[PDB]
Amino acid sequence: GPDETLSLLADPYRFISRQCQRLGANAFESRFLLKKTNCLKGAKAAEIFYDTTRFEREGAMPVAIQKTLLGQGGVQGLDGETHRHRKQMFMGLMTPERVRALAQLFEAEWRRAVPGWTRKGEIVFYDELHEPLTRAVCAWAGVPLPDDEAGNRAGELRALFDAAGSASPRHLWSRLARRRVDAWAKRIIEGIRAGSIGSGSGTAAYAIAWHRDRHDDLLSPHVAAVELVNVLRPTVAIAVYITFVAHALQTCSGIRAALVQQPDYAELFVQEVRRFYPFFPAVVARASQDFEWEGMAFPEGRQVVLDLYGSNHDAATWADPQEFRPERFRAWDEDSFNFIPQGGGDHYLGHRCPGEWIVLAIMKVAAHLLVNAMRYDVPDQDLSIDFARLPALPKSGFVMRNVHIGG
Ligand code: HEM
Ligand SMILES: CC(C)Cc1ccc([C@@H](C)C(=O)O)cc1
């Protein structure tokens, strides 16, 4: 078959579901770079993708991603009992109490940032979110962050994910940002271990610095650093979802009113933001043994990609996936495979995002502040979603004018 790396890169979110629609199937064989790849979409495909007797992650992460978005040696590249033991370290962080504490820190940081936004007169909303998130998550995680370094650290964390999937000199900045953030996080881990940094026993940095692997050994300092970044970085990336929350409030009639008046609505709304908007395009794994599924061959070693966006827009599951309708979540049965913006399956037994509770809690804070606290004007701008960008964003970045929180 032809190599279609370029076709995929031009339409990273929609390429798979578009081909699926043309072929009338939920799976097709393709090729990206050197590797024949089976592309999968939908609930049944997600269920097989998360079967760890048939799929492994070892060696599926590209070098370019190790050097930017994810780092080297982290939980994403692990399988089996080694993976599950490392995953438990992240899950232990996510108690209702700790998630609430992070949400509260983020509201405080958002409120702290508003006067700056007022004084600026006009802001790019997306651009302004990274720093308050950075401040909140570092405080929550037990990571010291001097006031005069917060801006710079926020830019470096942003560069790991916002510049990672950019085929421009921005990728070179992403690589440098990765080297810097690893060295910084490593100094944090070392200081905790030496006792020079007093992170509390409940905090992410403490848990990661003192984690013991399956042989009762501490993580090497570089791996501990990478895992700490695996908490800090994607929390800052919630800027993307917060921007989409603002976008939905601006472009979908009746949403603001429903959020204002109906109490149970916020939960439905943030879930629909995660379903509707493109963010994490797709996940990659490798077949661990020969098998056949739905008449498709999966030879041992075959690269397989699971299309998250397409799955979240599958008409078989949702009926009218093209509409933004929070109400649809009244009928959801909490299935582990049919709604997968942050992965599918089980959080402990597979690679599903442990950050979901944090994401939901922070999106709820954002929705609350944007409807009940913030006042802002939205000038004429290009609000259309850039499906060519990784991560996707409204083309304008969501521009606000005359922002205040006292009214
Ligand atoms: C900002 C929005 C976020 C999105 C769209 C997102 C999405 C995802 C996806 C799709 C995966 C991969 C699932 C798989 O490989 O099968 C993942 C994994 C992961 N996420 Fe998130 N996530 C977000 C936020 C967060 C947050 C706030 C945290 C903080 C702890 C986090 C931590 C992780 C970690 C450590 C993994 C690797 C888990 C593993 O491999 O077992 N994520 N996420
Ligand atoms: C770089 C591409 C693959 C898109 C992308 C994936 C994940 C994130 C967040 C959730 C993160 O993990 O930091 C941000 C962007």
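Shown for chain A, in order and in the PDB entry numbering: 9-415. The figures that follow rest on heavy atoms only: side chains count, while hydrogens, waters and symmetry mates do not. Atoms within each ligand, like the ligands themselves, are counted from 1 in listed order. Determination method: X-ray crystallography, 1.9 Å.
This structure shows the drug at ligand 2 to be (R)-ibuprofen.
Ranked by contacts, the top partner of (R)-ibuprofen (the one with most) is named in the PDB entry as Fatty acid alpha-hydroxylase. For atom 4 (C) of (R)-ibuprofen, the nearest protein heavy atom (residue, atom name, distance) is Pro289 CD, 4.2 Å. Shown here, atom 9 (C) of (R)-ibuprofen is in close reach of the protein: a heavy atom of it lies under 4.0 Å off. Contacts between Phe169 and (R)-ibuprofen, counted as non-hydrogen atom pairs separated by less than 4.0 Å, involve both the backbone and the side chain. Near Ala245, meaning under 4.0 Å from one of its heavy atoms, (R)-ibuprofen places the atoms 9 (C). For (R)-ibuprofen, the other ligands and ions with an atom under 4.0 Å away are ligand 1 (protoporphyrin IX containing FE). In this structure, atom 13 (O) of (R)-ibuprofen lies nearest to the protein heavy atom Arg241 NE, 2.6 Å. With ligand atoms numbered from 1 in the order given, (R)-ibuprofen contributes 6 (C), 7 (C) to contacts under 4.0 Å with heavy atoms of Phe288.
When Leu398, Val367, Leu168, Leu77 are ranked by how near their heavy atoms come to atom 3 (C) of (R)-ibuprofen, first place goes to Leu77. By the criterion of a heavy-atom distance under 4.0 Å, both the backbone and the side chain of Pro242 are placed next to (R)-ibuprofen. Neighbouring residues of (R)-ibuprofen under 4.0 Å (non-hydrogen atoms) are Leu77, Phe169, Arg241, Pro242, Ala245, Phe287, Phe288.
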